[PDB]
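Structure first, commentary second.
Chain letters: A, B, ..., in sequence-line order. Residue numbering in chain A adheres to the PDB entry, whereby the residues present occupy positions 596-645 in order. Throughout, chain B uses the PDB entry numbering, with the displayed residues spanning 794-843 in order. The numbering of chain C matches the PDB entry: 4-165, 200-569, 572-1297, 1300-1336, in order. For chain D, we keep the numbers from the PDB entry: what you see runs 1042-1140, in order. We show just part of the entry here, counting contacts only within that part. Both counts, for ligands and for their atoms, begin at 1 and track the order of listing.
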Amino acid sequence: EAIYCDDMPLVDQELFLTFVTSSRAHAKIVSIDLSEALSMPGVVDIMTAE
Amino acid sequence: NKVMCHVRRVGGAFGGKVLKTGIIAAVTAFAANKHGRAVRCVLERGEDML
Amino acid sequence: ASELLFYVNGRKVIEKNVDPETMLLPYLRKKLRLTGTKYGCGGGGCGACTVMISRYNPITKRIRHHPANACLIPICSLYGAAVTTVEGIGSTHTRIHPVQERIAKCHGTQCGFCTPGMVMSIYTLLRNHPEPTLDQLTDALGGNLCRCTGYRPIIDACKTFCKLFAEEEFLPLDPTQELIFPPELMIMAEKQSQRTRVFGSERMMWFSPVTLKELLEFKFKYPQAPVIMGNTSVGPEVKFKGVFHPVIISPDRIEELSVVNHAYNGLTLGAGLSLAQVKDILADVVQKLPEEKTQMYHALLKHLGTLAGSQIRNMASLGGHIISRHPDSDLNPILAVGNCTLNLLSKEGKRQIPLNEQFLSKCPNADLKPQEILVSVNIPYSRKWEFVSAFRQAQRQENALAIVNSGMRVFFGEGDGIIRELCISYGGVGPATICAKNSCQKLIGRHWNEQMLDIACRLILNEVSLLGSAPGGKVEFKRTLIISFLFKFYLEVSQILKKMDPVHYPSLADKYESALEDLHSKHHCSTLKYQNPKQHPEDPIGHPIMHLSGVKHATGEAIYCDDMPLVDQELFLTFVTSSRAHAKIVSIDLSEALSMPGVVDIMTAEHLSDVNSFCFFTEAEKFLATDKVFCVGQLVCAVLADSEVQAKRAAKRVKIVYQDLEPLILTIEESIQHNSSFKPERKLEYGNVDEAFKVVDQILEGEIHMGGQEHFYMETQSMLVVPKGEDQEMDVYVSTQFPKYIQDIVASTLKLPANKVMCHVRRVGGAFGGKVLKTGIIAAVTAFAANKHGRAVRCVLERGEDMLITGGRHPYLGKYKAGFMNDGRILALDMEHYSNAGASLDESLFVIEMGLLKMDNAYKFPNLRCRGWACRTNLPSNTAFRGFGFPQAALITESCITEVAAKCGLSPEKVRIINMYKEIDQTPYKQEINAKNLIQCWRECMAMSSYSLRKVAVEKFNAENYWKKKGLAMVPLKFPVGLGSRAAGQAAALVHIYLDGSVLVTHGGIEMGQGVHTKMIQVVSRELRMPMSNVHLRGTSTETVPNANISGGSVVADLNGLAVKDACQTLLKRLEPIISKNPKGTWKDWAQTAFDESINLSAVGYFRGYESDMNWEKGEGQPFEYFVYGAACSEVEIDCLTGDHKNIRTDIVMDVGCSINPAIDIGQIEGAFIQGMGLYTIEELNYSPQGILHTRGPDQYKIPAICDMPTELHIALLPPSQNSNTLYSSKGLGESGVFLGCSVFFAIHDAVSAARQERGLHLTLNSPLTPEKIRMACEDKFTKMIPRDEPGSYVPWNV
Amino acid sequence: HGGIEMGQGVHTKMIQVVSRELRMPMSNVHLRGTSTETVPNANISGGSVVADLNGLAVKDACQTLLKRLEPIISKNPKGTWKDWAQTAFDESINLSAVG
Ligand SMILES: Cc1cc2nc3c(=O)[nH]c(=O)nc-3n(C[C@H](O)[C@H](O)[C@H](O)COP(=O)(O)OP(=O)(O)OC[C@H]3O[C@@H](n4cnc5c(N)ncnc54)[C@H](O)[C@@H]3O)c2cc1C
Ligand SMILES: O=C(c1ccc(OCCN2CCCCC2)cc1)c1c(-c2ccc(O)cc2)sc2cc(O)ccc12
Ligand SMILES: O=C(c1ccc(OCCN2CCCCC2)cc1)c1c(-c2ccc(O)cc2)sc2cc(O)ccc12
Ligand SMILES: Nc1nc2c(c(=O)[nH]1)N[C@H]1C(S)=C(S)[C@@H](COP(=O)(O)O)O[C@H]1N2
Ligand SMILES: Nc1nc2c(c(=O)[nH]1)N[C@H]1C(S)=C(S)[C@@H](COP(=O)(O)O)O[C@H]1N2
Ligand code: MOS
Ligand code: MOS
Ligand code: FES
Ligand code: FES
């Protein structure tokens, strides 16, 4: 019965956020392609540093 | 005075729920304000440890 | 098979397998999450659900915009259309529309619940008319209701599209870059599809034919199915009268039904035309055609424009109006006398029938065949010597159903002046529109003279007879209106005949001519006067700061209690109320209701066991009825279901068997006859009245009755209770005035400590004292449901059940014996106050106390004895109301002063002056008062209003007019302010200063539209010397500020302001060392420095309360802290033949002290005055001999609209004096202006006296002064002629 | 208070403090959680001192309330906390306190 954070009920029309993390320990980011990911089911937005 | 933080309980932290927690909360809140929706962000064990 | 496609706010909406019963208002709020559109009544009368409908006509390639009420729109009728809500035209996170900016910045919002409807009505007009007149804007708002503002600031915002605000800073309107009509809708409209659209469910089938051939086919296959057009007749009867249709036919823009043919003999209007379109067609024809031909259209053009508001006129269809055959129809009686024919059509073929008396009576031989539709209606041109008139009288001028209306027509023989044809039709005098065809037949052959008029009157009275038990009541009033309209029709025809043929007819008497002019003025004017050297510019105290939520009110972004989003798996609760005034509960059958879809639980008194009761004041009382019911509307059952629709359906199949009990008490005199038990008497005694009656020159005994009043908060009772799931914690979100009381009754019902239950209130959409007692009872029952089933539960009441469950203002009976000198000095007064308390007495004994302590008003009665009692009746128990007994008690006193003035032969104003308190004087409770501002308010009101000049002009008018009289009156005001105890006046606050310099403040007060949160931040901005933008407030909660008193008593801003001031001063004392060390620093610098030096930045503010005491045994004490003084002058004109009246001008001067916010305070005077004006005039509650509140037809409750607001309104605030005891020398107003509305009451009393005095009749006018009471007091040949019934020979509709 | 419950039992110790300082059972005290809307400018819940410092702050608020009420308890020493609280409201004594 103890309510932890994720135990809180679904509030109306709430969205979910997950992160794409780095797979390199020290590298240049030469390009990022979101075109496929943006067009997939459920996707509302994808944010970068820009 | 526009932003309020509420915490009932934490399922363990040991110093690991401070800095990066705020970075994720800042990015999550930016998403929530941008799209006028509540946003949930819960990490899996793998991406958490990383 | 079909899908539903339409647009809302520019975005596409697709629904597959739609439920055809779905309505637009719940769809917008719960499906699309657009809660800007509000629920107000659900009958099309209030306009809080006003939206804009856009359609593209592919034939005329034009886009049409028109307003509509979303509560009556089924979404299946929106295919291919575009809806626009408040959120569509602007928002704070996109761009504010000029309409939203101005209605907010002009202070046209208080509680803000009606603002979304106001915005959409104004916005929809500006799209059709970007450069409009004020007449067009006021007409668009005719169906929009507001309980807070008095309409004056909203009209000021409307005027800007043709001081308290900077008009020159408003955003300019740009007719371009407005909302673009969705291009896709234009495309599918161009593809003129012929396919009939089909929607269905288990309960309903919906057919939308788009061709005439398909419409005739569905009319044949489903003959009993209704042809829905505007749903303004079938909609309400489905919602309120339990009507259900399994199959619905709803055609879509069929050209044959919208034909406008300008024929040679007449003109033909299609049945699909809206009443607003017909109004525009007829308004154009009466200009392009000669006047002798446009007689029928002028009469229809007259009753159109008083018919409902702009929203209903744009929804309702012409054919729907004729087929509906409402008895109160304003158009059918005109069409009945005009030789109109109905063009019918069926799969068989064409058919033409006359629109006569038999058709309106639904005789099958003259009705439509089941398989036929009404295509169009022929309305012929009038001939020479043919005249048509239309008359009507309602509770108010517009948006109110007619008590009696009429249509009359004459045709004269050209060469003899003899009546060749005559047809008179009346509405609102029976089940259907009737025609006096027999009396008309007997009048054929006569001439147009007074002798024919007398015969006609006696004839129709015999033919158009009503029983004493006629539904709607007002029987004698209806009888008088029938022959009064005939008299007006006689004078109208007599004048045009004298104009056309002067040698054969006499001239009208000069005093008689005013009866032909109707009372009207859509022109509105107003002036506002207030005060303003070495005060800091950044100090906002005294400046007209806008309401903090003003813009959020206009954009629909303000969150009210029902606007909160759907929490997970929440349930809905609705109540089964009592249908008997006093009866035994024999049995309750829940078996059927429990088995219906969605039903989770149903609770009775036995299911609540030992928590069914609660001790509110003096005794424990039940939430739900046990074995008896003591009034209609008493709570019996609570139905809990998965949805609101399922809960209401289940509640209706609950079976309750009653057995009526005697006695059945309804009136105060009945309560006195049957009460032989002890009743706590309460008395004030000043001087010696028994000895004073021996010296007085004259003595009079009089009494006056006064009806109650419904609060009519635009937001109905609403609450959402949510269990946390831990330790039985309960969060209770309620629209209430008393969060601490909600906490007590909920925790007590759950057997929990107070620390487990928290009540949170952000804002209340109006309350006026009506969201306290019953709100907690509902909240306690909802919370019991929530805890029992582990679910959040929502409870929102509909307007009908809201008016039944909650109480209203206490009706009063005042009885006085006055002893007075010949000069008017009342040296002896023996007063008696009686209050209709309802089923319970706890609230009423406090309103009797306050009535006695304030009945003196502005008068020093040297020898006074007052006494008061509360009386139980089998009616809904009445609650507190704005004024708290003063509008009743002071109206009793002014009625006695008016009666004294009549005996001594002076104006009531001369008697008021000589009886007024001196500058230094003493009250009956032996409190010393300073009445300099009372005398000043009276002096400056006389100068500002030009009373002496107008007094001469009104007497001059009454001398030259017989059937119309003007009236004038001025009343003074002394509203004392005090709660009776010091503990009742304590307040608290909590202020945080965060390290970035920003401030969060909260307090115990509740925002109900009075702007207390705005004033609280005005205080913080001064005390801590920061801009108001640096401080924010979220709401009110028992988790932040505990033990807060009720938000009432005219002191919410006073006490919470002193508490907020206390917290700010505590923080400034702590920070003074830092401020002196860094005086050029910012609040961010000071706050961070305080944190670094370990200085607390949180502080609790607290005020102990004003000193107050009252010893009722001695009748002495010091109960009040200060006194609000003022005076008001009102001028009216009445129609002696109909009871209609027009508020011409009102002037108000008010002692406010030092106004903290003049915009808020002036708005409090306007709203209170208008709310009082309705209390004394048009607002009327009608109960049956069985104790049932009547609510249909002419019995509908009417609050003041725009047409009721005075044409001219001058308001001035007295230059301030010193009041060091109060916050910034201010005075808590907002309850005081209610009594000032009686200045209109006694102005009508003045006009009625002028008619009775001229006619030689030598007066007791009760409140409210309805058109019924005004008309019957103006006795004449007509009132003396009507038939009357013996008093006990019938059971009437009303008591 | 400003402390955070991570499993170390700080809320249990806080109510243990209130139960002693106000001389009332722990069942008469309740805590909901932590919020910046009720207690502002709170430090990090760390450094092995969370119960230490918030305990002294909770103790400070309890002593402020006990000082305000002391005239009322000494007038009715046999009374309950319900009696003392209602009497404080009737005599216009603030029952909220920041520690
Ligand atoms: C708030 C409010 C205020 C009002 N005020 C007034 C007022 O002041 N004065 C006044 O006179 N009236 C007033 N009315 C009544 C209003 O004028 C009528 O309800 C309206 O004109 C009916 O038209 P409708 O299109 O809404 O009908 P619907 O509700 O769509 O239909 C009503 C009936 O008409 C039938 N029908 C419609 N079209 C056809 C057709 N082509 N062929 C056959 N049958 C057809 C339907 O089958 C149904 O039986 C008011 C109504 C409301 C809701
Ligand atoms: O025949 C008349 C008529 C007859 C007598 C009149 O009397 C004129 C005044 N008379 C003078 C003598 C003493 C009594 C009053 C007037 C009109 C017509 C009329 C009339 C109007 C009122 C009324 O009460 C009676 C009749 S109206 C008319 C129209 C016509 O085309 C022809 C005749 C007429
Ligand atoms: O301010 C009061 C009030 C204050 C003291 C009262 O009596 C004190 C005794 N006490 C009452 C509650 C049960 C326990 C005994 C009664 C009402 C008002 C109310 C109240 C407050 C708390 C509560 O638990 C129940 C009702 S309701 C109300 C309506 C008004 O118009 C004015 C004051 C009020
Ligand atoms: N807009 C608005 N103004 C209102 C009311 C209301 O419900 N809505 N209630 C009145 C009542 S009943 C009272 S007692 C006061 C309470 O607030 P105040 O003391 O700050 O004037 O507001 C008055 N003005
Ligand atoms: N169960 C539990 N115990 C815990 C922790 C935790 O996350 N969970 N954190 C530790 C850390 S990092 C600190 S600094 C302290 C903080 O609380 P305290 O000061 O009351 O001991 O709790 C310690 N004990
Ligand atoms: O005092 Mo106003 O809430 S009846
Ligand atoms: O001090 Mo523990 O919060 S790292
Ligand atoms: S007009 Fe529809 S809710 Fe009032
Ligand atoms: S502000 Fe209009 S109803 Fe309250």
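Most-contacted chain for ligand 2 in this structure, per the PDB entry: Aldehyde oxidase. Lab note: of lumacaftor, seocalcitol, gandotinib, glibenclamide, raloxifene, drug at ligand 2 is raloxifene. Other chains with a heavy-atom distance under 4.0 Å to raloxifene (ligand 2) are given as C. Other-chain residues and nucleotides with a heavy atom under 4.0 Å from raloxifene (ligand 2) are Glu451(C), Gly452(C), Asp453(C), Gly454(C), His484(C), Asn486(C), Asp538(C), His541(C), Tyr542(C). The entry gives the source of chain C as Homo sapiens.
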